[PDB]
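Contents of the following structure include combretastatin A4.
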Amino acid sequence: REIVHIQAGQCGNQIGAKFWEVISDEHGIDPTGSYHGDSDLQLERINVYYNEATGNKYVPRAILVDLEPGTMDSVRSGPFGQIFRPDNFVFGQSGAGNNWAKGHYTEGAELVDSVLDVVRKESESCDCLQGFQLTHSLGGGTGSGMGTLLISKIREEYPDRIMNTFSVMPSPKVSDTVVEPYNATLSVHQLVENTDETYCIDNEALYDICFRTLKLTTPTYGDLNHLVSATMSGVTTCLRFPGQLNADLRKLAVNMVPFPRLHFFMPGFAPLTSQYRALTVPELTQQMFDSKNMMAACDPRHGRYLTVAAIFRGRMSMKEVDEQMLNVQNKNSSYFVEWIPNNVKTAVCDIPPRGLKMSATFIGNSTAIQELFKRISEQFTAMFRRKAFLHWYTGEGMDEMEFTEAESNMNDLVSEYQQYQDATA
Amino acid sequence: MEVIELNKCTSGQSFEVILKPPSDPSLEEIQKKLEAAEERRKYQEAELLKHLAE
Amino acid sequence: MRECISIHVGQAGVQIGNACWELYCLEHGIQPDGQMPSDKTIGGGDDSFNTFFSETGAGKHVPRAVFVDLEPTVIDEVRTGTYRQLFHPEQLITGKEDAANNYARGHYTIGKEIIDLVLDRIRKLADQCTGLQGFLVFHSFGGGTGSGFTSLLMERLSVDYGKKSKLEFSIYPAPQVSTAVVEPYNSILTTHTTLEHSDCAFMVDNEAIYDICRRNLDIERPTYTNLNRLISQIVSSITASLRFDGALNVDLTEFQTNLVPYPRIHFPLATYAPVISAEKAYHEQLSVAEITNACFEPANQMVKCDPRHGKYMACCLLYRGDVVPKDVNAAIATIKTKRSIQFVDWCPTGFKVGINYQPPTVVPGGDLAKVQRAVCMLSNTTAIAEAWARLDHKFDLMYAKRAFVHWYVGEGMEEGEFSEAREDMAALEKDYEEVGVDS
Amino acid sequence: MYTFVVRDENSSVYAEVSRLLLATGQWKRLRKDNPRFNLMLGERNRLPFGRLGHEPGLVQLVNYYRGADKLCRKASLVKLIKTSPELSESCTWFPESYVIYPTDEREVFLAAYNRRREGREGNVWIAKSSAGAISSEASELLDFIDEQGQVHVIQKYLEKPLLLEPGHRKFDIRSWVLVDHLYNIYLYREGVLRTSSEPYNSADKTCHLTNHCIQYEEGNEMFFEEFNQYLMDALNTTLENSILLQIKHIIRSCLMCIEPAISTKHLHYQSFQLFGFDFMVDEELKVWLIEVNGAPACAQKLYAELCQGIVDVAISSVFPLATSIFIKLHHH
Ligand SMILES: Nc1nc2c(ncn2[C@@H]2O[C@H](COP(=O)(O)OP(=O)(O)OP(=O)(O)O)[C@@H](O)[C@H]2O)c(=O)[nH]1
Ligand SMILES: Nc1ncnc2c1ncn2[C@@H]1O[C@H](COP(=O)(O)OP(=O)(O)CP(=O)(O)O)[C@@H](O)[C@H]1O
Ligand SMILES: Nc1nc2c(ncn2[C@@H]2O[C@H](COP(=O)(O)OP(=O)(O)O)[C@@H](O)[C@H]2O)c(=O)[nH]1
Ligand SMILES: COc1ccc(/C=C\c2cc(OC)c(OC)c(OC)c2)cc1O
Ligand SMILES: [Ca+2]
Ligand SMILES: [Ca+2]
Ligand SMILES: [Ca+2]
Ligand SMILES: [Ca+2]
Ligand SMILES: [Mg+2]
Ligand SMILES: [Mg+2]
């Protein structure tokens, strides 16, 4: 039933805030937490993400976390800042210095108990908790280091609940600091053990989409976060709106993850928006499966899809949707594994996103994602082979061994993806 | 082709037509399996919490 | 008069149960508040419809039904629906969180927590039965509740109600309507566990119902409501002999006697005709011979398969409406010479026939045209093994890579249970080949 | 475009059909076990018909009729002709045949054999079976059947075959027949005669077998223009009149007989199949059906045109792309 949302760090809080703006709009909730919608389907599954406080107010079941106050202060000042529960803001002052060790071992350890206190308080008010979704980046300190520490503690205290993350992967094209490959590599290992579903949101891909498709010569983080918020709204649509599938996080994990470690999804969206022309179902299906519309910078033609989940939003012909989906599978027969029957699932929701008559959101468990983890691993090794920048971490108590193990684990992950990219029936 | 066993009533009738003649586990045994599965769950969870403790 | 208790497990079982009890109420003149004007014995009786409805002193006819689901949203539709007044709250059992399409989660993890409460409510229905015949169990193959909780419940029913008959209505999984990629797993697991606890099981392939809805009702995208109204017509024609005066199939034991010569091969193939669109303006009423011929068309079967390439072990014809035995025997004469109907050499080549004069009833505003005569054919033919083959192949494709297996082991199952279940299915397939094929 | 799969590499004809399908650029081959195919050029044995026609969005077609083995199996053919009212034991074009096990007919075979020895009639018989790839004494026949471990047919041996001159030599006729998803029957205009080079000696299996593997014209294969010209010169008649009306009649009888049991109309998948009919001709210009082959190879010269005929008539009629070489045998 209920989902508990957590956003950690600068990136995590900015994409999280956009997410709450978008879905609050879709459910007709104004910045003061009041419902002003015209349809009842807006409120049918509203409690998945919102508590109801008397006065007919809805409060996001969201927890905002950071080790420095700036980004959370902006969230409180931004649009919809007054919708969040003020007790749910949990922040320190020292910051994490884009250092995974500081978020995981030193500064973050000091704040983690207060976060877990707010988490416990939200869980206790849950009729039946499904699990948690975390928004964060892997390139920084707080979202990456403290994010994964939080996930570990939450798994300890709620071993049977689902753990889902939207994880922003760093890219040299949109780099804050050079140590991003270290942080991400350390984070990936944690995710491999302690999440059931992770949406890989690659900043390289977001940049390319803004530059090439959306024709934006100079993208900002806000422009990337528009794509991220549209995607997050797409993938959670089946959770938030009534439908024939009655989807929840655990059903999504069971049907998308054939092997526990291989749970890193490639999201995709169509039409790419930043235009009044109506988009037909064939165009939606062609764009949806195009690499240029996917938000992890991997080529799906370099691997094979283990599983696919697609949701179409708006008023359209379901017969045409099924026709186009079956057609695209037949055109791309070589890129779907044959030893999983019926591994492409389609859902429909009558309600479209804001400012579109119809859209499509794509969730792919593809072996091509190994490219992403290879990219990071290369960057990691390039610095690690000379021990470059390691002192920032050894100064916080870590040892080279932990780095060697994280690298080894990620290369293992890549190997595991290759094993099933080759396997056939 | 013969018709046999014709029964009639107010709601309907029934008959047979022939065209050619011919040419458990106990309750305890259940609870042992269920309790075995519960134990394998509890063991795997204990291994998880041990790992997290490390 | 001997009672029959219906058990509806999981989403598919519950929604189909809804369609069925709505149809029963229309067929017996029972109104949604439980009142039945034509019943002159208030508060009691041993009429034929009393096998499915008990009576209260207030004149309410209450289904002998239990609805079970591991989450509440589907059964809540029963609680707040048109026929809410029909059921005692004690009859609608709901859980907290479903089985997430996981057999192991429904059989072991979550089932073990609710099985005793379900058995309790069932025992409460059985206590008001002067002579309980047995149970009719409705469920899907593919769902986690539908498969796992049903198999556990069937074990416990074989324990607590030995000497009582158990019949299944099973929704066989189709990609056109499916919910999960792991449905082949759940199908094999629940079939293996349930096989020795079920006396007779009627499989309904969602693919067949879907195609019949598209083709005969001109519904481009059939919903669960359409599928379930068609399925409820078939179920009604199967249980009509239990609910009405008659001489054929008057007790659950007779289904085994007439349809199942060997205990493991207890899956009769159902074929239904005619299915006519209601929005269709111009209708023409099919003859006894036309619908009886339709019973041998693969496109009207509940499971897609070719009986021409199998052997019959038993064939029973259930007519409803304007039908007299003369037309039935004429039609049979024609068909025996125009179709390939081979029987096993150790069974008579007869047809057991039953006729109910009351024509099929349809839901007002439904998509089914009301016809003057209809027939459901139940035949036990080896051709249905094709469906098992299909299912088993899918199982094999995934299990060769152990895909998704970890979700089951994580609940307490063992990898060995998969192979055990699959070997049982291989035995079942071999049994069908031994009974039905020549060299 | 159109997807298809291949599950019979040994197939001579459908290796060429597989060749052509790619040659149109609009057909893409798949792996053997990928079930998302429009077409299956499938295997001879254990072909899983039960798994066809269940893929959503796909129209599925297979190059074999389930149940057509009753025609293409010798004991099955004999049983099918004796027990079908449409054919019957009376039918004139099938040589007298019996089935013997080493459901059995060992008593009636000898029962007629005595009626032939007493009648002083030509009493030569041949025993054979489906597994393989002649005598006047029955004891020598049955003792030969019991030494191998399979069901065998004993059939009358045509002691008066038509003989090609020059040579005084025996032949057999092969006709290729395509049955499509609508059960139209198409007789390929080009048949072949498979001849014997050693003169017929009614008093050595080579002289009495036509098969080619055991063996005037190139490769002992005489084609229809030449056999027709020979029939005109030597016997003042045409192939059409003297032989081809009977061949067409037999093909129609056999196929119409089993149509209700194998037809894929109203089924969830569709079948087609190419058959090889093997006929015998006696000195009265009477045509006798010898055997029906379900997976035949073609004549090397006739692989082309014919395989294009399979693609034209059988495959692209259901899966269309972006003068007839077939004779449509009409039927109801
Ligand atoms: N014909 C028909 N099939 C249904 C219906 N509901 C679900 N199904 C089929 O049942 C299968 C899924 O099983 P469910 O009954 O939904 O699952 P469940 O038993 O509720 O168990 P959970 O996994 O806990 O949700 C799919 O193959 C569906 O096509 C229905 O109302 N009618
Ligand atoms: N009753 C008969 N009278 C005369 N010759 C006969 C005969 N039966 C068989 N033959 C000869 O035996 C040969 C092969 O017999 P058979 O019917 O087994 O064909 P076959 O299956 O071996 C060749 P294929 O596989 O190409 O059809 C024929 O070419 C024919 O000349
Ligand atoms: N898409 C996106 N990426 C961001 C945003 N902010 C930071 N990043 C990326 O996140 C990484 C830096 O981590 P950050 O969240 O700022 O550090 P933290 O506060 O310690 O968690 C780098 O890869 C940045 O490119 C944002 O708003 N949107
Ligand atoms: C193998 O494919 C499957 C993939 C997912 C599910 C279950 C739920 C589900 C959940 C979703 O988000 C919460 C979702 O997309 C928004 C979705 O789209 C179809 C489905 C079931 C399947 O059979
Ligand atoms: Ca401090
Ligand atoms: Ca504390
Ligand atoms: Ca009464
Ligand atoms: Ca029993
Ligand atoms: Mg930053
Ligand atoms: Mg359910």
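The sequence lines are lettered as chains in the order written, beginning with A. All chain A residue numbers match the PDB entry; in order, they span 2-42, 45-277, 282-360, 369-440. Sequence positions for chain B are given in the PDB entry numbering; the residues included correspond to 6-28, 44-74, in order. To match the PDB entry, the residue numbers of chain C are left as they are there, and the shown ones run 1-439. Residue numbering for chain D follows the PDB entry; the residues present correspond to positions 1-102, 125-155, 162-231, 235-246, 256-362, 372-381, in that order. The entry is not shown in full; contacts are counted within the portion that is. Atoms within a ligand are numbered from 1 in the order they appear, just like the ligands themselves. What's counted below: heavy atoms across the whole structure, side chains too, no hydrogens, waters or symmetry copies.
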- Item | Where to find combretastatin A4 | ligand 4
- Task: Please name the chain that forms the largest contact set with combretastatin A4, as given in UniProt.
- Result: Tubulin beta-2B chain
- Message: Could you check which other chains have heavy atoms less than 4.0 Å from combretastatin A4?
- Response: A, C
- Query: Can you list the atoms of combretastatin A4 that are under 4.0 Å from a heavy atom of A:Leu242?
  - Reply: 13 (C)
- Of the backbone atoms (N, CA, C, O) and the side-chain heavy atoms from C-beta on, which set of A:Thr239 has a member under 4.0 Å from an atom of combretastatin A4: side chain, backbone, both, or neither? neither
- Query: If you measure from each heavy atom of A:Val238 to combretastatin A4, is any distance below 4.0 Å?
  - Reply: yes
- Query: Any idea which atoms of combretastatin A4 are less than 4.0 Å away from a heavy-atom of A:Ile318?
  - Reply: 16 (C)
- Those atoms of combretastatin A4 less than 4.0 Å from some heavy atom in C:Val181: 1 (C), 23 (O)
- Task: Specify the organism recorded in the entry for chain A.
- Result: Bos taurus
- Task: Provide the name used for chain C in the entry.
- Result: Tubulin alpha-1B chain
Write none if no such pair exists; otherwise list each N/O atom of combretastatin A4 with its protein N/O partner under 3.5 Å and the distance.
{"from": "combretastatin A4", "atom 1": "23 (O)", "to": "C:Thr179", "atom 2": "O", "distance (Å)": "3.4"}

